[PDB]
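Here is the structure we will look at, set down as structure tokens.
All residue numbers given for chain A refer to the PDB entry; the residues shown span 242-295, 297-529 in order. Whatever order the structure lists ligands and atoms in, that order sets their numbers, starting from 1. Atom set for the values below is all heavy atoms of this structure, side chains included, hydrogens, waters and symmetry mates excluded.
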Amino acid sequence: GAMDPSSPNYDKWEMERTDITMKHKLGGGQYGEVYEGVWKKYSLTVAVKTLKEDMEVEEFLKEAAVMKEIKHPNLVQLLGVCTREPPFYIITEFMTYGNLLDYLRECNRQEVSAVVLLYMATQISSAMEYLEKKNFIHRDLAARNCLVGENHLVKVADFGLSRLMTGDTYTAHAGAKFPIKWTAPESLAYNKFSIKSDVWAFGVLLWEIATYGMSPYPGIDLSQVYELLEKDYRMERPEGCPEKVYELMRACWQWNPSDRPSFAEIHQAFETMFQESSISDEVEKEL
Ligand SMILES: Cc1ccc(NC(=O)c2ccc(CN3CCN(C)CC3)cc2)cc1Nc1nccc(-c2cccnc2)n1
Ligand SMILES: O=C(Nc1ccc(OC(F)(F)F)cc1)c1cnc(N2CC[C@@H](O)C2)c(-c2cncnc2)c1
Ligand SMILES: [Cl-]
């Protein structure tokens, strides 16, 4: 019996399907085959990713394998899998306040002050410093791919949104759907993805936080983004953004990937930046 520790077929991550009470599809279908679920014995709400009827079985099992290798307070936590027989499940913890992009756009601003936005950026930088140390690449870092929990807890996730999301967030490029405005120039021009191209996307994500979720490069056509960046254009400093924070965005957006800071340096910069000074005072001064 594969479920017993004695079994040489035992996998600690394999869970009993009957332990999960499957409820409705999450967020009106914005996540594809992801369902709200209840883990019986723990009376815990969970998020359950499944596969839609009938080659993507290998991508799904690869995601399950990657998730078993990663553990960080700011990375969505794997709780278990149902991969012995179809339908295949990936179970994670449910995050009360849902995705960060909608959260930023809908939040009460007296609550989600400059101090809270700084904490959210710092948490994301810690999750990314861990992925950098473990030699992983995210590939689609953005606010739409982060979740918000209790007490402004932020977790980085990866919802595989490219072929699910409606609108112009992701558009056709190199035979796939790219989020052009978050994509490092070497990723668009030379198909080069690395931790440094995640650094570039982090700079865009920082700008989303700094604007309460505004869409980047507003009013600029997607056909013009590469050319503008290649000619040294960069998004202007958001209104009220502290200069030290914008300096960090600009460092993320160096044309040469090798010139961008590592996530360890970005994380260290957030800790040091306001160790003595108040971000609240810097924002008030800027405004
Ligand atoms: C149910 C599930 C299944 C799998 C995943 N997976 C991930 O979030 C993830 C995170 C990091 C990696 C690391 N990886 C490194 C390699 N590169 C190329 C890709 C990323 C992989 C998968 C999340 C979830 N969780 C999830 N999914 C969709 C929506 C929600 C959700 C929505 C609202 C409230 N609470 C939770 N929660
Ligand atoms: O706090 C703010 N900015 C901030 C930036 C970085 C930062 O560091 C972190 F690391 F990124 F988190 C922390 C805070 C802030 C305050 N007031 C705003 N106001 C817009 C005009 C009035 O309404 C006040 C805006 C604004 C709103 N919409 C679009 N752009 C900017 C933003
Ligand atoms: Cl990887």
Checklist entry - Which compound, drug or drug candidate, is present at ligand 1? => result imatinib
Checklist entry - Counting heavy-atom pairs within 4.5 Å, which chain has the most contacts with imatinib, and what does UniProt call it? => result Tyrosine-protein kinase ABL1
Next on the checklist: With heavy-atom distances below 4.0 Å as the criterion, list the atoms of imatinib near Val318.
Outcome noted: 7 (C), 8 (O)
Item to check | Option with minimal heavy-atom separation from atom 5 (C) of imatinib, where the choices are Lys290, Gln271, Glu305 | outcome: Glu305
Item to check | Heavy-atom nearest neighbour in the protein, as seen from atom 37 (N) of imatinib, with distance rounded to 0.1 Å | outcome: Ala288 CB, 3.5 Å
Checklist entry - Can you tell me which residue and heavy atom of the protein come closest to atom 18 (C) of imatinib, and the distance to 0.1 Å? => result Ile379 O, 3.4 Å
Checklist entry - Looking only at protein heavy atoms, which one is nearest to atom 31 (C) of imatinib, and how far off is it? => result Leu389 CD2, 3.8 Å
Item to check | imatinib to chain A UniProt active site: nearest residue and heavy-atom distance | outcome: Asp382, 7 Å
Checklist entry - Of all UniProt domains in chain A, which one holds the largest number of residues in contact with imatinib? => result Protein kinase
Checklist entry - Which UniProt-listed ATP-binding residues of chain A does imatinib come within less than 4.0 Å of, going by heavy atoms? => result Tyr272, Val275, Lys290, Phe336, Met337, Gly340
Next on the checklist: I'm curious what other ligands or ions sit under 4.0 Å from imatinib. Any?
Outcome noted: ligand 3 (chloride ion)
Checklist entry - Between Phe401, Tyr331, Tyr276, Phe336, which one has a non-hydrogen atom sitting closest to atom 29 (C) of imatinib? => result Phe401
Checklist entry - Considering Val275, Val308, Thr286, which one's heavy-atom position lies nearest to atom 14 (N) of imatinib? => result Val308
Checklist entry - For imatinib, is there an N or O atom under 3.5 Å from any N or O atom of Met337? => result yes
Item to check | Shortest protein contact, atom 23 (C) of imatinib (heavy atom only) | outcome: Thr334 CG2, 3.9 Å
Checklist entry - Would you say imatinib has an N or O under 3.5 Å from any N or O of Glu335? => result no
Item to check | Atom indices of imatinib, in the order listed, that fall short of 4.0 Å to a heavy atom of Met309 | outcome: 4 (C), 5 (C), 6 (N), 22 (C)
Next on the checklist: Does imatinib come near enough to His380 that some N or O of the ligand is less than 3.5 Å from an N or O of the residue?
Outcome noted: yes
Checklist entry - What part of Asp400, side chain from CB on, backbone N/CA/C/O, both or neither, has a heavy atom under 4.0 Å from imatinib? => result both
Checklist entry - Which one holds for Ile312 and imatinib: side chain close, backbone close, both close, or neither close, with close meaning a heavy atom under 4.0 Å? => result side chain
Item to check | Heteroatom proximity flag, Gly340 to imatinib, N/O under 3.5 Å | outcome: no
Item to check | For imatinib, the portion of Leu317 having any non-hydrogen atom under 4.0 Å away | outcome: neither
Item to check | Site residues for imatinib, heavy atoms under 4.0 Å | outcome: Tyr272, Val275, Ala288, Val289, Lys290, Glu305, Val308, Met309, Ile312, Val318, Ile332, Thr334, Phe336, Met337, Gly340, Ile379, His380, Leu389, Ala399, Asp400, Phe401
Pairs under 3.5 Å, N/O atoms on imatinib and on the protein: can you put them in a table with the distances?
residue  : atom   : partner : partner atom : Å
imatinib : 6 (N)  : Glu305  : OE2          : 2.8
imatinib : 8 (O)  : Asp400  : N            : 3.0
imatinib : 17 (N) : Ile379  : O            : 2.8
imatinib : 17 (N) : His380  : O            : 3.3
imatinib : 25 (N) : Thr334  : OG1          : 3.0
imatinib : 35 (N) : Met337  : N            : 2.9
imatinib : 35 (N) : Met337  : O            : 3.4

